[PDB]
Every structure is written in C-alpha cells, then in structure tokens.
Trainee: 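Quick one: structure with milrinone.
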There are 4 protein chains.
Amino acid sequence: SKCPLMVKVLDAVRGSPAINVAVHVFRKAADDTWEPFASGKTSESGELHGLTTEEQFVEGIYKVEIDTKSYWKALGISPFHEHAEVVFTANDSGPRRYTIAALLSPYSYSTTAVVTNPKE
Amino acid sequence: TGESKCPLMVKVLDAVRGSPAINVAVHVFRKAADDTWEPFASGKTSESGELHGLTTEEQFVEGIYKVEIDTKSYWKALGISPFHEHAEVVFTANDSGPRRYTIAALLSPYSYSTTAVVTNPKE
Amino acid sequence: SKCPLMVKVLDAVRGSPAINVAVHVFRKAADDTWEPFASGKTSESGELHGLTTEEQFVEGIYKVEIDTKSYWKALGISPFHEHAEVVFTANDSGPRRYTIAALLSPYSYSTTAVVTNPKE
Amino acid sequence: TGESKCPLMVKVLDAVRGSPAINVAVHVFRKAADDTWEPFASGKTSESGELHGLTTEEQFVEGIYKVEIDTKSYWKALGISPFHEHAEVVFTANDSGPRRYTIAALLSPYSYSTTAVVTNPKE
Ligand SMILES: Cc1[nH]c(=O)c(C#N)cc1-c1ccncc1
Ligand SMILES: Cc1[nH]c(=O)c(C#N)cc1-c1ccncc1
C-alpha cells in the first residue's frame, strides 16, 4: 500500500468519476526538456494508481498532463482547454505520498494536491 | 453608481458554457436580534452576470448576512437537473468598520465554488 | 461497505486533509424546519463515514453544515465564512451512494458531489 | 482602452487574503508553425488583479495559445512555499472568428482554479 503518486479525476457536470481519461507524466530532464515518465488511463473510480515506485520517484520537477479535451468530445460537449497540466517539484523535504486531484467542467478546472505520510 | 465602490456586489459565472450566469435570482438576509433571518435585499443578475445596487453604506451595518443564490431554477431552465437546491454564503460584515464586499460564484451542475474579495473603502 | 452518505474535507492552504472538523446533517421537516439527523468530526484522513444507514436514508431534503470558522481559528488564520452549507434532495431516482467533498481556503470554498452505485 | 472589449484579459485573485493578486507575472505564447511555443505578450497584474493590453484584434489570429502565470514567485514573496511551479492555460482561440477571452485564476498555496468567459464581440 505504497504509491508515492496517485491521480484522481472527477466530472463536475455529471457528478461522477471521470473514467478512461488519458494521463501522461513527465520528468524534467537536464536539457530542461520533458521526458516520458509514466502514463495510463483512469479507472472506473476516476483513479490512476501505480504510476511509479519509491525508488524511481526521486526529487526533481514533474509534469502531469490530463487529456481533458478527448473526455469532453466523447460526451458531445465542446471544451475550452486543450488539456490540463500540473507542474510541481517533489522534495524528500519530508512527506512523500502525493495525490493530485482534478475537477473538470467544459470551461473550467481546479486542481489540488494532498501531500501526506504514514510515519517518518 | 460610481465605478465600483458598492458595499455589496454579487457575480455569477457558468462553468458549462463559459459565460456570465444571467437572470439568476439572489436573496440577501441579515440575522436579527432574535436569531432569525430577516429579508434585506433582493435582485437578479444582469447580462454581465452581476448584481449591483442591493444596499447603501448607511444601511449596511455590522451583522451576520446570508447571500442565497437560486442555482436550481437556473440549471432547470437550461434542461438540466442539478445536485444542489441553492448556493448560500454566510459571513460577518463590517465588524471593524465599513468594507466593500464582492461575492463571486462559479457554477456547475454538481459543483460550485464561492469566493470573496474584501476591500478597504477609499482607505 | 455500504455508506449511503460520506463527507470528505480538504485544506487548500496546507495540502492536507482537514482533521477534526465538526459536521452536522439535518433533514427538512414537514414544518419546513431543520431537524438534527447525524453529526461527527472528520478523521485523520479528512473523512466522516457512518452518518446513517440505507433504511434511515429516505428521500427528502438534506443539509450538511461544515464548521469551517473553528477550523481556521485553530490555525491562527481569520476566515471569511461563518460555516459552509450544502443543501440537496436525495432521490431514489436511481443511484444511492453520495460523497460530498469540500475544499477549503480562508476566503473561498468549493463543494462537489460524486453520486455513484455498485449495481441496481 | 474602451470599457472592456479587449481580446485577451487575465484576472488573478488570492483565496488566502481575499484580495486581488497584485504584481503577478504573466507570459503568453502562441504555438508556431513548427510545434514550438513562441513569445506573444508579457505583463504584470495591476492593483485590481487584472492584466489589460496584451494584444490587439488584428494581431490575435487563430491559433493555440498558452497563458502561463508565475504563482510560485507570488507565494514566496509572502513567505509561503507553495506546491505548484506555475499555473498554465492552453486553448485554441478564434477558430470560428474573433471572440473576446477572459481567463480568471483563483489561487491557494496547494490549489488553483481557472475559468474562461468567452464573448462574441459586438455580436
Ligand atoms: C476563477 C474563479 N474561480 C472560482 O472558483 C470562483 C469561485 N467562486 C471565481 C473565480 C472568478 C472568476 C471570474 N472573476 C472573478 C472570480
Ligand atoms: C480536486 C477537488 N476539487 C474541489 O473543488 C473539491 C471540492 N469541493 C474536491 C476535490 C477533491 C480532491 C480530492 N479528493 C476528492 C475531491
């Protein structure tokens, strides 16, 4: 029960988890370029688990990109955004469990992080 | 009015159409001497999603006020059956003298957010 | 694993669950008055479970009130809101699992409902 | 300017202090012919949390634009170490002719929301 990184996606129009949403994760590279890190599709409960492991999850800059436009086109709704992106630094600073959650509407989105830890 | 020095203004936006939320009914109450809510002001949002002229500086004394927005009538007229009955904002006002209050609401059928911007009147 | 109603509370300032937040639930009465239904305090994970049961959870109007002001005063932050309230109708219409989530900041809050169901 | 017919306006608010987010750096890019982001316009929010005058109707052609807000420099100057590096909004503009775009952001240290209000210019 150790997932250093988890993504959750919700739909504000229908009051349900946003199922089958593509998610891509990149790590900032030395040349200051984005390199593919992990990717997947949200499950029936709007979640994506097992993107990585504590050993591979070192300090650095990460970018989480959510394909919100494909989600909305499948419902027959025209969206405003091309995609939703979250960029943050992961620091061993202290606590290492990260939950990124995204709430989606056709013209707006909100994102929040919940950073927590078992013990230390 | 002036430019924007109203003691109380409400602004409602639509997260589904990316537009101002027009013709939304808004009701404001003040808590009375007896723990009961009394009618204070009423109105509807204009074509830019705003509601101006609800009160005056002199009438807007210190107190606990309730801003109730009728979101359910708004989604229903669009053919959508939403989650909430209404949106309500409860807050203590003019506590440490007069201030100008902007209450904003962003609406979606199963979600809403609300924010306040408080400014100190011509200092 | 059957909780018709669950409440989740998060803190936007500190990126953590909002722990020990008082929550009260009322049911609209015939005289159109609010009657105490259930109450509790959020756990270490920001959640409140077991407010009720499927038999007691009949159709009607419910009001969930979150004591946000006490939460913020304990951190030494002066808040704008007296409390956060969610009013909704529970209809057997179809699906009966309700998750109310609230995200808190000193001057703003957002609430969303996730309505779902196992089978039917 | 006029009253409010700017093709692109940005508005940043602070959810912790209930105020406009003043002196926030904003950078806008357009995707070029070669899948690369090119600099388009730059600026800072004023005392009301707004940014006016970034472009003109004639210069704002159809394309994919990126609005990047520097939220991290804003929280840091307040003594707070926030979660995000910045906030970014990516969207296709003027696709089916000219429109006026208002991008709003509401900020908190570990959260942000963004909304767009799109209007059809003097019809
Ligand atoms: C971006 C934004 N997000 C919210 O969650 C919210 C709420 N409530 C309001 C606004 C906002 C939009 C336009 N002008 C001012 C504030
Ligand atoms: C991202 C998010 N945004 C909101 O505006 C909100 C409200 N209210 C809740 C959540 C949320 C975060 C984590 N788990 C579930 C929901």
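Chain letters follow the order of the sequence lines: the first is A, the second B, and so on. Residue numbering in chain A adheres to the PDB entry, whereby the residues present occupy positions 8-127 in order. Heads up, chain B uses the PDB entry numbers, so what you see runs 5-127. Chain C residue numbers are taken from the PDB entry; in order, the displayed residues are 8-127. Heads up, chain D uses the PDB entry numbers, so what you see runs 5-127. As the structure lists them, so they are numbered: ligands from 1, and atoms in each ligand from 1. Only this structure's heavy atoms are used, side chains among them; waters, hydrogens and symmetry mates stay out.
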Trainee: Would you mind finding the main macromolecule in contact with milrinone (ligand 2) and telling me what it's called in UniProt?
Mentor: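 Most contacts: Transthyretin.
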Trainee: Please list, by chain letter, the other chains with any heavy atom under 4.0 Å from milrinone (ligand 2).
Mentor: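 Heavy-atom contacts come from A, C.
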Trainee: Do any nitrogen or oxygen atoms of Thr118(C) lie less than 3.5 angstrom from nitrogen or oxygen atoms of milrinone (ligand 2)?
Mentor: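 Among all N and O atoms of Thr118(C), at least one is under 3.5 Å from an N or O of milrinone (ligand 2).
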Trainee: Can you list the milrinone (ligand 2) atoms lying under 4.0 Å from a non-hydrogen atom of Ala109(C)?
Mentor: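 The list of qualifying atoms is 8 (N).
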Trainee: Which is closest to atom 14 (N) of milrinone (ligand 2) in terms of heavy atoms, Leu17(C), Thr106(C), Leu110(C)?
Mentor: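 Ranked by closest heavy atom to atom 14 (N) of milrinone (ligand 2), first place is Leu17(C).
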Trainee: From the options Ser117(C), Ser115(D), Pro24(A), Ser115(B), select the one whose nearest heavy atom is closest to atom 5 (O) of milrinone (ligand 2).
Mentor: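 Among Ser117(C), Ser115(D), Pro24(A), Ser115(B), the closest heavy atom to atom 5 (O) of milrinone (ligand 2) belongs to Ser117(C).
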Trainee: What protein heavy atom sits nearest atom 1 (C) of milrinone (ligand 2), and how far away is it?
Mentor: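 That would be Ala108(A) CB, 3.5 Å.
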Trainee: So, going by heavy atoms and a 4.0 Å cut-off, which residues UniProt tags as L-thyroxine-binding in chain C does milrinone (ligand 2) reach?
Mentor: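 From UniProt's list, the heavy-atom cut-off leaves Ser117(C).
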Trainee: Quick one: what's in the binding site of milrinone (ligand 2) at 4.0 Å, using heavy-atom distances?
Mentor: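 Within 4.0 Å on heavy atoms: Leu17(A), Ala108(A), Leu110(A), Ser117(A), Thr119(A), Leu17(C), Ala108(C), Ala109(C), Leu110(C), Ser117(C), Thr118(C), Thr119(C).
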